[PDB]
**Q** 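I'd like to ask you about the structure that follows.
Residue numbering restarts at 1 for every chain, and letters A, B, ... go by the order of the sequence lines. Counting convention: from 1, in listed order, for ligands and their atoms alike. Part of the entry, not all of it, is on display, and contacts are counted within that displayed part.
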Amino acid sequence: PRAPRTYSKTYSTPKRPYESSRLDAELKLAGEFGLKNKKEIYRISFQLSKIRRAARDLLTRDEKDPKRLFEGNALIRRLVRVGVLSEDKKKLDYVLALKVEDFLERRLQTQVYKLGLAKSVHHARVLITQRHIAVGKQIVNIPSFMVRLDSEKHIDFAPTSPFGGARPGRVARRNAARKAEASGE
Amino acid sequence: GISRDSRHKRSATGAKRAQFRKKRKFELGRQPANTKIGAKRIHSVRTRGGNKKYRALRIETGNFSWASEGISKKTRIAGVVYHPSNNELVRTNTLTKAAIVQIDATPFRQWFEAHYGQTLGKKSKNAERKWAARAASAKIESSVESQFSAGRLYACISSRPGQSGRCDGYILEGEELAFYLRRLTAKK
Amino acid sequence: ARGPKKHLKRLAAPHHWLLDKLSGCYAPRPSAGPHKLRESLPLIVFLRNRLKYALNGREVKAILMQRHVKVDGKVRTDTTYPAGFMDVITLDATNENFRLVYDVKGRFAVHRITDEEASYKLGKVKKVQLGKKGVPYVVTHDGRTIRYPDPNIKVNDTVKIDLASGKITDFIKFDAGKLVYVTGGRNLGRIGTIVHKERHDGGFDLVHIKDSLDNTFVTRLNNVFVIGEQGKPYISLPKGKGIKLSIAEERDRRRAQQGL
RNA sequence: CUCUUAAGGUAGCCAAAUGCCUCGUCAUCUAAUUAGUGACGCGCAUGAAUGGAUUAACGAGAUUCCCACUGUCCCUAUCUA
RNA sequence: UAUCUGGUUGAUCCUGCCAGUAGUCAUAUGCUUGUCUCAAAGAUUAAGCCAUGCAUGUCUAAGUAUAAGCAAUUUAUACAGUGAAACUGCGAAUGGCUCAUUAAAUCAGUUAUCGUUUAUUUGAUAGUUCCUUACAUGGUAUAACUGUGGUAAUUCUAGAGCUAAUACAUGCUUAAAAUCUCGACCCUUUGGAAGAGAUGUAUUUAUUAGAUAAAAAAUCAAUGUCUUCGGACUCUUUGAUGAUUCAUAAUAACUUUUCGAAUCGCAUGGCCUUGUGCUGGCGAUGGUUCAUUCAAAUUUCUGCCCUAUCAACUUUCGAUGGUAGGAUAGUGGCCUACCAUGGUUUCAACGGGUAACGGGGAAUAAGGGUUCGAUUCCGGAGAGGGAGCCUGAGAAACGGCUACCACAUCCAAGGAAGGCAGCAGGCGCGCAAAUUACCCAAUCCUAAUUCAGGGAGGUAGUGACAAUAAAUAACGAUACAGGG
RNA sequence: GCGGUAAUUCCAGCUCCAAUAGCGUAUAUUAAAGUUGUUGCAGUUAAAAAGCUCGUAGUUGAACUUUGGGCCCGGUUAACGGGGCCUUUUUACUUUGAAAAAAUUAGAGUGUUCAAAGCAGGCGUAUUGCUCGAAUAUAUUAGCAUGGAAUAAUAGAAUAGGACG
RNA sequence: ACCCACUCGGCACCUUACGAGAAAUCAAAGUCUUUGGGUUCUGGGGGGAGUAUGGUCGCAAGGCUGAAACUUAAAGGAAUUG
RNA sequence: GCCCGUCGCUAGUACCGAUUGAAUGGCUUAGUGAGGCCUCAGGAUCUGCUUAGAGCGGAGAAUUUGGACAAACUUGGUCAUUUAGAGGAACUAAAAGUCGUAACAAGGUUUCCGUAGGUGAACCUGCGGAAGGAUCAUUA
Ligand SMILES: NC[C@@H]1O[C@H](O[C@H]2[C@@H](O)[C@H](O[C@@H]3[C@@H](O)[C@H](N)C[C@H](N)[C@H]3O[C@H]3O[C@H](CO)[C@@H](O)[C@H](O)[C@H]3N)O[C@@H]2CO)[C@H](N)[C@@H](O)[C@@H]1O
Ligand SMILES: NC[C@@H]1O[C@H](O[C@H]2[C@@H](O)[C@H](O[C@@H]3[C@@H](O)[C@H](N)C[C@H](N)[C@H]3O[C@H]3O[C@H](CO)[C@@H](O)[C@H](O)[C@H]3N)O[C@@H]2CO)[C@H](N)[C@@H](O)[C@@H]1O
Ligand SMILES: NC[C@@H]1O[C@H](O[C@H]2[C@@H](O)[C@H](O[C@@H]3[C@@H](O)[C@H](N)C[C@H](N)[C@H]3O[C@H]3O[C@H](CO)[C@@H](O)[C@H](O)[C@H]3N)O[C@@H]2CO)[C@H](N)[C@@H](O)[C@@H]1O
Ligand SMILES: [Mg+2]
Ligand SMILES: [Mg+2]
Ligand SMILES: [Mg+2]
Ligand SMILES: [Mg+2]
Ligand SMILES: [Mg+2]
Ligand SMILES: [Mg+2]
Ligand SMILES: [Mg+2]
Ligand SMILES: [Mg+2]
Ligand SMILES: [Mg+2]
Ligand SMILES: [Mg+2]
Ligand SMILES: [Mg+2]
Ligand SMILES: [Mg+2]
Ligand SMILES: [Mg+2]
Ligand SMILES: [Mg+2]
Ligand SMILES: [Mg+2]
Ligand SMILES: [Mg+2]
Ligand SMILES: [Mg+2]
Ligand SMILES: [Mg+2]
Ligand SMILES: [Mg+2]
Ligand SMILES: [Mg+2]
Ligand SMILES: [Mg+2]
Ligand SMILES: [Mg+2]
Ligand SMILES: [Mg+2]
Ligand SMILES: [Mg+2]
Ligand SMILES: [Mg+2]
Ligand SMILES: [Mg+2]
Ligand SMILES: [Mg+2]
Ligand SMILES: [Mg+2]
Ligand SMILES: [Mg+2]
Ligand SMILES: [Mg+2]
Ligand SMILES: [Mg+2]
Ligand SMILES: [Mg+2]
Ligand SMILES: [Mg+2]
Ligand SMILES: [Mg+2]
Ligand SMILES: [Mg+2]
Ligand SMILES: [Mg+2]
Ligand SMILES: [Mg+2]
Ligand SMILES: [Mg+2]
Ligand SMILES: [Mg+2]
Ligand SMILES: [Mg+2]
Ligand SMILES: [Mg+2]
Ligand SMILES: [Mg+2]
Ligand SMILES: [Mg+2]
Ligand SMILES: [Mg+2]
Ligand SMILES: [Mg+2]
Ligand SMILES: [Mg+2]
Ligand SMILES: [Mg+2]
Ligand SMILES: [Mg+2]
Ligand SMILES: [Mg+2]
Ligand SMILES: [Mg+2]
Ligand SMILES: [Mg+2]
Ligand SMILES: [Mg+2]
Ligand SMILES: [Mg+2]
Ligand SMILES: [Mg+2]
Ligand SMILES: [Mg+2]
Ligand SMILES: [Mg+2]
Ligand SMILES: [Mg+2]
Ligand SMILES: [Mg+2]
Ligand SMILES: [Mg+2]
Ligand SMILES: [Mg+2]
Ligand SMILES: [Mg+2]
Ligand SMILES: [Mg+2]
Ligand SMILES: [Mg+2]
Ligand SMILES: [Mg+2]
Ligand SMILES: [Mg+2]
Ligand SMILES: [Mg+2]
Ligand SMILES: [Mg+2]
Ligand SMILES: [Mg+2]
Ligand SMILES: [Mg+2]
Ligand SMILES: [Mg+2]
Ligand SMILES: [Mg+2]
Ligand SMILES: [Mg+2]
Ligand SMILES: [Mg+2]
Ligand SMILES: [Mg+2]
Ligand SMILES: [Mg+2]
Ligand SMILES: [Mg+2]
Ligand SMILES: [Mg+2]
Ligand SMILES: [Mg+2]
Ligand SMILES: [Mg+2]
Ligand SMILES: [Mg+2]
Ligand SMILES: [Mg+2]
Ligand SMILES: [Mg+2]
Ligand SMILES: [Mg+2]
Ligand SMILES: [Mg+2]
Ligand SMILES: [Mg+2]
Ligand SMILES: [Mg+2]
Ligand SMILES: [Mg+2]
Ligand SMILES: [Mg+2]
Ligand SMILES: [Mg+2]
Ligand SMILES: [Mg+2]
Ligand SMILES: [Mg+2]
Ligand SMILES: [Mg+2]
Ligand SMILES: [Mg+2]
Ligand SMILES: [Mg+2]
Ligand SMILES: [Mg+2]
Ligand SMILES: [Mg+2]
Ligand SMILES: [Mg+2]
Ligand SMILES: [Mg+2]
Ligand SMILES: [Mg+2]
Ligand SMILES: [Mg+2]
Ligand SMILES: [Mg+2]
């Protein structure tokens with residue numbers, strides 16, 4: 001009789017699986033973002049579709065409708081804050097035109113590459129999932145972390161590890177210690 | 001035990017409905033105590049929520065009321081005579097409501113003659129004071145007086161003896177007296 | 001189902017307690033009170049979940065069993081005791097007092113009133129009848145029965161009630177344009193005045209209302225509590241004073257005082 | 001296709017009151033059934049007013065079983081004219 | 001989140017299904033299996049059967065302590081700290097489980113109680129008890145206990161002797177009126193008067209009031225004052241409801257006469273004739289009616305799946321109604337007596353099926369829909385099948401009793417005991433589902449009650465049910481191919 | 001559909017595609033399916049109009065009753081909306097509301113490191129501190145209250161037993 | 001009686017496709033994805049099969065009503081060329 | 001070419017079927033009837049009121065009269081769901097058996113319908129249809 005802890009699934013998988021063209025467009029997006037599996041492409045097209053459908057039934061409401069007012073403007077304000085909808089495209093009509101590369105662009109992986117710090121999307125992830133890209137004080141190792149517009153400027157190497165701070169790795173710190181008996185006693 | 005539920009019955013369409021659940025105490029019923037004349041015996045029933053019903057088993061001698069006089073004295077209750085539901089109660093002389101019994105008339109005769117001063121149906125100077133005032137109200141009925149000649153009066157039990165434990169009633173008067181008279185003579 | 005039900009399940013509790021889904025299967029199940037446990041505050045909710053003074057189930061008892069809390073002038077030992085509308089809840093060692101009044105979302109609000117204004121309470125007279133010997137009597141929303149009352153008092157009034165003793169200090173009748181707090185409903189927790197009382201023979205009279213900002217709305221007569229004279233309550237209302245600011249209006253006020 | 005002598009057992013029915021073999025075989029009933037019933041049928045030798053098949057009702061007709069019943073029996077005893 | 005493709009031909013366009021594709025809080029299975037979060041899980045087959053353990057007990061300053069109980073050394077010589085037992089008290093009717101019944105039934109939303117019951121909780125309510133001899137407080141009865149015992153055996157008990165109460169049974173007690181009756185004697189008018197009862201509350205019956213909307217004179221019986229031989233008449237008591245025979249009050253009685261404190265803990269104060277007199281403080285537990293609260297019972301309106309290879313159904317023996325009664329907590333054919341012949345139906349009754357508990361909800365994502373809901377919440381039902389019942393405020397209870405049927409255990413053969421659809425766990429079943437673990441710390445519930453008890457619950461094990469996150473590599477160098 | 005001697009299809013090697021801590025299979029159910037068709041099917045010949053007419057139930061059923069004119073008051077981005085005057089003055093339905101459990105669905109807010117979730121949190125002087133939250137909307141049947149009077153029903157004076165004072 | 005013009009109501013016919021349909025064709029088989037005037041009946045791949053069973057009607061032959069298991073990728077329509 | 005039916009073998013499903021066939025559950029007529037509950041009694045023992053001793057009251061065990069409730073047993077019926085069966089009689093699968101060649105060309109007797117009778121088999125014949133025909137056609 002425990003309280004019924006809820007949940008949901010984050011993705012929607014495509015109807016027609018074998019389409020010869022769509023397969024390619026996804027493969028590119030996997031490379032020109034640096035994604036693990038095709039599920040990380042699905043996760044976003046599902047997010048976008050619910051985002052779109054939200055705006056879809058929102059523009060059906062004749063204007064100056066509080067639902068088209070309060071809700072429609074509570075979307076944009078969230079949609080710009082992450083850097084997806086550009087600083088001002090802001091409209092219910094410009095979210096419907098908003099495509100899949102826009103969210104993917106704002107991922108912590110696709111940022112950590114963007115400004116310095118990485119010089120690869122594969123170096124980016126490997127950097128993220130291993131400890132240190134940390135945003136601010138807190139380490140965030142999620143390659144999907146979704147950098148917000150103004151959280152951008154706070155992202156640099158972390159207070160720990162050879163890249164941002166105290167001590168180098170114990171790969172090298174083991175290398176300096178094996179010449180300790182070689183070049184020492 | 002007996003069940004007061006309506007779901008052992010049939011639907012107004014006539015259908016017979018399956019037994020939906022068991023019997024529960026709150027829908028129960030219990031056995032009649034058929035109360036007949038005799039030396040007073042009254043059994044207690046432990047009702048719903050505690051409390052008490054009082055079973056009349058043997059009932060003699062309970063309270064009765066002369067309507068028009070506004071006075072009530074206790075008398076014997078000889079037996080039953082009529083009863084609208086079941087003559088079986090008449091024959092068996094059982095006491096219930098609507099009974100139409102017969103009661104001792106004498107304590108009802110005494111009050112009258114010590115009040116209105118006229119003997120019924122044929123010093124102390126303070127008394128003739130009172131009896132003077134109370135006259136001109138001193139005619140009762142031809143039908144209500146005649147029973148005092150016999151010594152027993154026509155009375156109707158208004159209590160629920162098996163419930164309260166008291167068996168009480170009121171002497172028959174008016175057309176209600178006439179109604180049960182036209183029964184007793186034109187039935188028995 | 002064979003008798004009285006001695007348990008309450010979390011998710012079956014009143015919503016206005018604002019309990020969290022997890023942390024247990026059960027709520028306190030308020031005791032048998034002056035107030036219906038439907039609409040009521042168990043002491044544990046107030047102390048532990050609102051005043052945040054107690055951290056435990058065992059800790060709330062350590063307070064009460066330390067004799068600390070009283071309610072409506074009298075000390076209350078019961079963990080689940082159902083403090084309802086217009087109550088008092090004095091804590092000497094904390095020097096505070098609280099009159100329980102509803103939010104504009106409809107929850108019991110945490111509302112401190114001073115060492116006075118906790119003297120008296122208001123209550124709605126539910127019925128006025130003849131008792132034994134001819135003695136007339138009157139009883140409030142919280143089940144206070146007060147004897148030999150004012151012949152003017154009828155049902156649907158309010159009564160100002162001294163605590164340490166009892167009885168009746170004046171009162172307020174029910175007619176056009178009186179101050180009213182809404183006891184429960186869609187509009188519960190609001191405050192306003194009487195635009196009209198729609199009479200209905202055989203139950204459920206509609207009471208029209210207007211607030212300080214000139215909004216109209218209706219609820220049930222049984223949930224209409226007279227709190228005083230128009231623009232002047234007889235007790236101290238909290239922030240917003242039951243004004244029902246629109247959801248859109250809310251957003252601004254939150255992003256108004258939010259800055260620098 | 002043949003064959004003597006005209007044809008060469010059709011519809012039906014069957015170990016049937018018609019079957020030798022025979023207590024036919026299978027199933028059913030029974031603890032056990034040369035009995036009964038249902039089947040099967042190259043049927044020694046069923047079979048069409050020499051009438052064939054069916055058939056409600058009827059029967060001091062023949063037959064099997066069931067319930068009831070009982071000295072029929074176990075197993076005999078007593079009584080009256 | 002408005003899509004289709006493959007397959008009938010020599011080829012063709014149609015009809016049309018088969019086939020492909022995708023989703024499933026949908027179950028199984030196979031192969032594989034690293035990290036965080038999260039956590040379904042013997043429902044389906046068989047509400048089939050179950051060895052064993054556990055799951056319901058409970059004391060505050062404040063009912064009952066002479067424990068041959070512990071403990072200091074008690075102003076403590078009646079008791080007093082602690083405190084097993086046992087008595088009294090309260091709970092054991094909540095939980096937790098399961099979905100077998102159940103098709104107008106349950107259930108939902110929505111009414112009803114001017115148709116009832118209610119431990120408790122909160123708020124108020126009581127001067128009245130004897131009548132013609134405890135009120136400085138009546139009487140016995142018993143458990144634990146001790147001691148003599150029986151039986152193979154049980155949460156079995158016999159008889160002997162002690163002793164308690166908020167147990168059992170008893171029983172006094174207090175103001176001033178005022179109104180009623182009845183009435184010794186005084187004896188005339190418009191004439192009166194001691195003192196003898198009766199009056200708390202509840203039970204039972206009968207009767208009365210509970211009223212008004214607009215105003216004027218005549219009638220009868222007896223008064224109801226009053227003044228100065230003139231007779232004047234001044235005044236109508238409701239609380240509430242849409243509504244009552246409602247609340248509440250009145251008279252006459254009634255009653256194996258209900259409650260009306262022989263009750264405990266902390267304090268030790270104040271008076272004066274100083275008797276251990278008189279009076280006093282906050283508490284606890286009770287108690288009568290009333291309201292309240294926690295509930296319960298019935299109840300209005302409307303709404304269920306397949307079925308006509310179910311078309312008529314109900315009415316013996318209650319079917320529909322009327323009256324009276326009885327029974328209930330109370331309404332009612334709930335039951336009985338008498339009486340009538342009613343009641344439902346093609347707008348689908350009645351009957352059958354359901355691999356049917358209803359609902360909140362779930363899957364699917366143009367719209368309109370189709371499908372599912374044993375299962376966290378609510379309501380319902382049940383504890384092998386049936387019925388009956390004791391205690392109680394509440395049970396037709398099953399971790400209560402009694403019987404039957406079906407199981408099934410012990411036995412010394414005489415007898416004795418039992419109910420896992422609670423938690424685990426065993427057998428069985430099948431495609432199909434986990435440990436005989438820890439714990440009251442959390443949520444909470446129960447109690448005499450901050451303390452104790454809780455397989456409710458929580459923790460942990462098992463756990464690729466389902467869901468979230470998303471490692472298995474990253475950046476150069478050198479050696480050849482190749483883009484301005 | 002593949003395999004009957006040079007197999008694009010079996011058993012394998014090699015490589016390659018697909019999704020990937022998960023992919024496959026069986027079964028159910030939904031979409032596809034306008035192949036259940038109210039929206040929205042089809043019926044000469046593909047599946048399918050009763051041989052024919054009657055006719056109860058059911059469904060369905062012509063039109064007509066205040067039309068038009070003249071001013072006014074207050075509303076929201078001259079178009080339009082709402083409320084009153086003057087002119088001879090019973091239902092079905094539709095709107096608004098109330099009363100609707102919490103979960104769940106939708107959805108606002110919030111940096112659980114992301115997230116699924118959760119309903120927390122946030123600023124501080126961090127030496128006896130401040131403080132905003134826990135929004136919002138929903139099965140549209142029934143019931144209740146309300147505005148609306150088109151549409152469609154229903155009653156009303158025919159031997160006047162009609163209205164009116 | 002015949003002719004002529006008009007007009008209802010008939011049994012058909014011709015031309016055109018305005019439209020419609022898979023086509024053959026169709027003044028309806030039109031007014032249909034610009035999908036609703038009212039109403040009745042039937043059909044939902046091919047078989048199995050109008051079989052089995054129950055009911056009912058008939059003297060009977062039979063009629064009316066009318067399944068399922070199982071099996072199968074076609075069956076079928078119109079038109080075209082051979 | 002396509003193609004029908006009997007006949008012959010192989011496997012599969014359902015059907016009819018003697019067994020007055022079995023099994024499970026519900027509702028049941030009849031007969032019998034535990035148990036507690038109510039009631040008429042009873043009175044082992046113990047025991048109070050008024051006055052050795054007598055009269056009238058209370059407490060109460062076994063046992064018992066009658067009554068409602070009513071499990072359950074026996075015997076019948078009814079409804080439901082499941083199921084055994086010698087034999088019977090279909091249908092469906094698998095292919096290039098046997099017999100003939102019914103239909104598709106005027107398929108060699110146009111085909112088809114309802115009905116009726118007949119025939120190893122498809123089929124043949126009678127009557128009345130239809131054209132889905134092999135004729136939209138004789139104002140000539
Ligand atoms: N054994 C009969 C069963 O009938 C079922 O369904 C049958 C019927 O229920 C259904 O409808 C029949 C219809 O066919 C027939 N030609 C006309 C008839 N009125 C309909 O009948 C049905 O509907 C009517 C109401 O219209 C009901 O009154 C009737 O009880 C019901 N059977 O059509 C089916 C017959 O064609 C299923 N077909 C199947 O379970 C089985 O065939
Ligand atoms: N959970 C609290 C509430 O419970 C409600 O539960 C419903 C029922 O419990 C309640 O039913 C009636 C009620 O209408 C009425 N006014 C009072 C009545 N005592 C209630 O009925 C009650 O008694 C009946 C009969 O014994 C029982 O069958 C029923 O379970 C019980 N609740 O009415 C409620 C609404 O129909 C609702 N589920 C919902 O409003 C809310 O969840
Ligand atoms: N569970 C087995 C038995 O069930 C009995 O109870 C049975 C009845 O209450 C109820 O039986 C119903 C019956 O009421 C109703 N009038 C007819 C219905 N067909 C029966 O149904 C029953 O049997 C049919 C097969 O006939 C099954 O398909 C169905 O699942 C079953 N419920 O269903 C139960 C059967 O599951 C008894 N409780 C008891 O003897 C025993 O427990
Ligand atoms: Mg009964
Ligand atoms: Mg509680
Ligand atoms: Mg409720
Ligand atoms: Mg032969
Ligand atoms: Mg011969
Ligand atoms: Mg021949
Ligand atoms: Mg012949
Ligand atoms: Mg033979
Ligand atoms: Mg023979
Ligand atoms: Mg023969
Ligand atoms: Mg023979
Ligand atoms: Mg024999
Ligand atoms: Mg034989
Ligand atoms: Mg034979
Ligand atoms: Mg033979
Ligand atoms: Mg032969
Ligand atoms: Mg021979
Ligand atoms: Mg011969
Ligand atoms: Mg011859
Ligand atoms: Mg011959
Ligand atoms: Mg012969
Ligand atoms: Mg013959
Ligand atoms: Mg015979
Ligand atoms: Mg014979
Ligand atoms: Mg014979
Ligand atoms: Mg014979
Ligand atoms: Mg003999
Ligand atoms: Mg073909
Ligand atoms: Mg498919
Ligand atoms: Mg089970
Ligand atoms: Mg389970
Ligand atoms: Mg329960
Ligand atoms: Mg049923
Ligand atoms: Mg309801
Ligand atoms: Mg004694
Ligand atoms: Mg004793
Ligand atoms: Mg003794
Ligand atoms: Mg009264
Ligand atoms: Mg108290
Ligand atoms: Mg009749
Ligand atoms: Mg009976
Ligand atoms: Mg009656
Ligand atoms: Mg009655
Ligand atoms: Mg009743
Ligand atoms: Mg009749
Ligand atoms: Mg079921
Ligand atoms: Mg269901
Ligand atoms: Mg359910
Ligand atoms: Mg959807
Ligand atoms: Mg949809
Ligand atoms: Mg669709
Ligand atoms: Mg089930
Ligand atoms: Mg199910
Ligand atoms: Mg439940
Ligand atoms: Mg069991
Ligand atoms: Mg008791
Ligand atoms: Mg129960
Ligand atoms: Mg229980
Ligand atoms: Mg039980
Ligand atoms: Mg148990
Ligand atoms: Mg022995
Ligand atoms: Mg278990
Ligand atoms: Mg197994
Ligand atoms: Mg599993
Ligand atoms: Mg499972
Ligand atoms: Mg705890
Ligand atoms: Mg504890
Ligand atoms: Mg202690
Ligand atoms: Mg899994
Ligand atoms: Mg590895
Ligand atoms: Mg090869
Ligand atoms: Mg392939
Ligand atoms: Mg290969
Ligand atoms: Mg569809
Ligand atoms: Mg529509
Ligand atoms: Mg179609
Ligand atoms: Mg056709
Ligand atoms: Mg027909
Ligand atoms: Mg959500
Ligand atoms: Mg019209
Ligand atoms: Mg459409
Ligand atoms: Mg078909
Ligand atoms: Mg036929
Ligand atoms: Mg037939
Ligand atoms: Mg063709
Ligand atoms: Mg065969
Ligand atoms: Mg019987
Ligand atoms: Mg008996
Ligand atoms: Mg066979
Ligand atoms: Mg045969
Ligand atoms: Mg040949
Ligand atoms: Mg051939
Ligand atoms: Mg031929
Ligand atoms: Mg020839
Ligand atoms: Mg030839
Ligand atoms: Mg030839
Ligand atoms: Mg021919
Ligand atoms: Mg032909
Ligand atoms: Mg012939
Ligand atoms: Mg032959
Ligand atoms: Mg054809």
**Q** Tell me which of volasertib, paromomycin, posaconazole sits at ligand 3.
**A**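 At ligand 3, it's paromomycin.
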**Q** Report, using the naming of the PDB entry, the chain with the greatest number of heavy-atom pairs under 4.5 Å to paromomycin (ligand 3).
**A**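 It is bound most extensively to 18S ribosomal RNA.
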**Q** Heavy-atom contacts under 4.0 Å: which other chains make them with paromomycin (ligand 3)?
**A**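 The other chains in heavy-atom contact are E, H.
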**Q** Could you help me out with the residues around paromomycin (ligand 3)? Anything with a heavy atom closer than 4.0 Å counts.
**A**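 The heavy-atom cut-off picks out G48(E), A100(E), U101(E), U102(E), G353(E), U354(E), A355(E), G385(E), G386(E), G25(H), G26(H), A80(H), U81(H).
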